[PDB]
Amino acid sequence: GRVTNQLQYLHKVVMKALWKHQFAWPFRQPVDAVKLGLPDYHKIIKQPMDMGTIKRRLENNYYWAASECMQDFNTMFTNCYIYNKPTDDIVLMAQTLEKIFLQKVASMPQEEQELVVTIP
Ligand SMILES: CC[C@@H]1C(=O)N(C)c2cnc(Nc3ccc(C(=O)NC4CCN(C)CC4)cc3OC)nc2N1C1CCCC1
């Protein structure tokens, strides 16, 4: 992938805020459905995603565009809403983190530019 102003913002502003949040801990690592005794998790959730995975991807410049990274964040939250019961606290935890995600995303740089300065 590459490094852009928007990806750097997702890494150093958005991920920094979410990763340290009180509610982050269910989302800092992939779901281990074997240890949790949930054999239906991977039948229902076809694209697992978590903040540990996103953070590693950002660290390794996996993304080409901030929108791909935002889609991983979105997939993470959506998986939560799809699999769990509407009244579960983890749903309100996801909704809390997602609102911060959106509020932080609103102040992201407008024009995506690769953070690169090259000798022609
Ligand atoms: C998968 C379904 C749904 C969901 O979407 N995600 C993301 C999820 C992510 N993580 C968890 N749960 C746990 C996550 C990590 C741990 C953990 O680290 N446990 C330690 C084990 C060793 N020892 C040090 C003591 C504690 C324990 C968990 O069980 C509560 N649950 C999740 N749920 C919930 C499933 C039960 C209600 C909803």
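The residues of the chain are indexed from 1 along the displayed sequence. For the numbers below, each heavy atom of this structure counts, side chains included, while hydrogens, waters and symmetry mates do not. When a ligand or atom number is given, it counts from 1 through the structure's own listing order. The way this entry was determined, per its header, is X-ray crystallography, 1.9 Å.
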At ligand 1 in this PDB structure, which drug or drug candidate is present?
-> BI 2536
Which chain forms the largest contact interface with BI 2536 (ligand 1) when counted as heavy-atom pairs under 4.5 Å, and how does the PDB entry name it?
-> Bromodomain-containing protein 2
Measure from atom 10 (N) of BI 2536 (ligand 1) to the protein's non-hydrogen atoms and state whether any distance is below 4.0 Å.
-> yes
Which residue owns the protein heavy atom closest to atom 12 (N) of BI 2536 (ligand 1), what's the atom, and how far is it?
-> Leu36 CD2, 4.1 Å
How about atom 30 (C) of BI 2536 (ligand 1): does it have a protein heavy atom within less than 4.0 Å?
-> no
Heavy atom of protein closer than 4.0 angstrom to atom 21 (C) of BI 2536 (ligand 1) | no
For atom 33 (N) of BI 2536 (ligand 1), state whether the nearest protein heavy atom is under 4.0 Å away.
-> yes
Which residue and non-hydrogen atom of the protein lie closest to atom 35 (C) of BI 2536 (ligand 1), and at what distance in Å?
-> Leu38 CD1, 4.4 Å
Is there a protein heavy atom at a distance of less than 4.0 Å from atom 17 (C) of BI 2536 (ligand 1)?
-> no
Any protein heavy atom nearer than 4.0 Å to atom 25 (C) of BI 2536 (ligand 1) = no
Nearest candidate to atom 2 (C) of BI 2536 (ligand 1), where distance is taken over non-hydrogen atoms, out of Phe27, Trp25, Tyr83, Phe77 = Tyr83
Where on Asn84 is there a heavy atom closer than 4.0 Å to BI 2536 (ligand 1), on the side chain, on the backbone, on both, or on neither?
-> side chain
Ignoring angles and geometry beyond distance, decide whether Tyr41 reaches within less than 3.5 Å of BI 2536 (ligand 1) through its nitrogen or oxygen atoms.
-> no
Write out the residue and atom name of the closest protein heavy atom to atom 6 (N) of BI 2536 (ligand 1), then the distance separating them to 0.1 Å.
-> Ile90 CD1, 3.6 Å
Starting from atom 1 (C) of BI 2536 (ligand 1), which protein heavy atom do you reach first, and at what distance in Å?
-> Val31 CG1, 3.7 Å
At a 4.0 Å heavy-atom threshold, which residues contact BI 2536 (ligand 1)?
-> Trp25, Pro26, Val31, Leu36, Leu38, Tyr41, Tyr83, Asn84, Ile90
Please give the N or O to N or O pairs under 3.5 Å between BI 2536 (ligand 1) and the protein, distances rounded to 0.1 Å.
| unit_1 | atom_1 | unit_2 | atom_2 | d |
| --- | --- | --- | --- | --- |
| BI 2536 (ligand 1) | 5 (O) | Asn84 | ND2 | 3.0 |

